[PDB]
Amino acid sequence: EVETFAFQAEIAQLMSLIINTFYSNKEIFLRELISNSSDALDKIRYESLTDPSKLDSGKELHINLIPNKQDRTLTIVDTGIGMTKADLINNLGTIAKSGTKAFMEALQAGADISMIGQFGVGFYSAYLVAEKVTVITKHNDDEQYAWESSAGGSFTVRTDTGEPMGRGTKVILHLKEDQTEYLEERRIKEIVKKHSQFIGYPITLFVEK
Ligand SMILES: CC(C)c1cc(-c2n[nH]c(=O)n2-c2ccc3c(ccn3C)c2)c(O)cc1O
């Protein structure tokens, strides 16, 4: 069963801005998603400090980057704390309505789209490069769910039928036709070293074929 939800109006406006504004520095999406994964890995690590059983669903703490040129997807996988169904629905664990306000305003002061993460809504920068985003997630206290949106004002949530991931989150970017440079090994490597060099978890870039 698939449930369909309307985005809050501020978030719809944020996504419409990101999708349609001329902005060439689109590579920042990858910094924001890796940074979110790092935050989520810090969270399960912190929680395991007092309850080691929270790592029963997987002790490895890492980030995988999986390009697939045939499907034209770039997938970011982490083994962080994951998100519950209620988290997913409430703007993927973000305070997105106020963060959008503080952002879509701060733009009016002296601000650039690349500062989106300072306002807690860096995830939505995925729509600089993706026409659709699927978020598959598993939190210790809930089942595995898939969130999906092609923007246009709505998103869906469903129980996920794919492979069990134990614990963590998978962001599948269905790339725009003219954004396939982010499937290229050298380009992903360049972005990671430029923006993510001091992330404290191993980042594995998968190769293809
Ligand atoms: C939001 C996107 C989809 C995303 C979320 C999670 C996730 N799993 N468990 C969590 O708490 N988070 C998380 C982590 C950081 C965040 C929020 C909200 C705002 N910041 C700064 C939520 C992830 O591991 C990867 C991701 O790309």
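By convention here, the first residue in the shown sequence is residue 1. Method reported for this entry: X-ray crystallography, 2.0 Å. Both counts, for ligands and for their atoms, begin at 1 and track the order of listing.
- The drug name recorded for ligand 1 is ganetespib.
- Most heavy-atom contacts to ganetespib in this structure come from the chain listed in UniProt as Heat shock protein HSP 90-alpha.
- Residue contact check: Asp39 has heavy atoms under 4.0 Å from atoms 15 (C), 21 (C) of ganetespib.
- Between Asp78 and ganetespib, at least one pair of N/O atoms sits closer than 3.5 Å.
- Atom 13 (C) of ganetespib has its closest protein heavy atom at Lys43 NZ, 4.1 Å.
- For the pair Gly82 and ganetespib, the shortest N or O to N or O distance falls below 3.5 Å.
- Ganetespib does not have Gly80 within reach: every non-hydrogen atom of the residue lies 4.0 Å or more from it.
- Between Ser37 and ganetespib, a contact under 3.5 Å exists for no N or O pair.
- Looking from atom 27 (O) of ganetespib to the surrounding protein, the closest heavy atom is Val171 CG2, 3.4 Å.
- By chain and number, the binding site of ganetespib at a non-hydrogen cut-off of 4.0 Å is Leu33, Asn36, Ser37, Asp39, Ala40, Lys43, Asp78, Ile81, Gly82, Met83, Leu92, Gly93, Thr94, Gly120, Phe123, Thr169, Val171.
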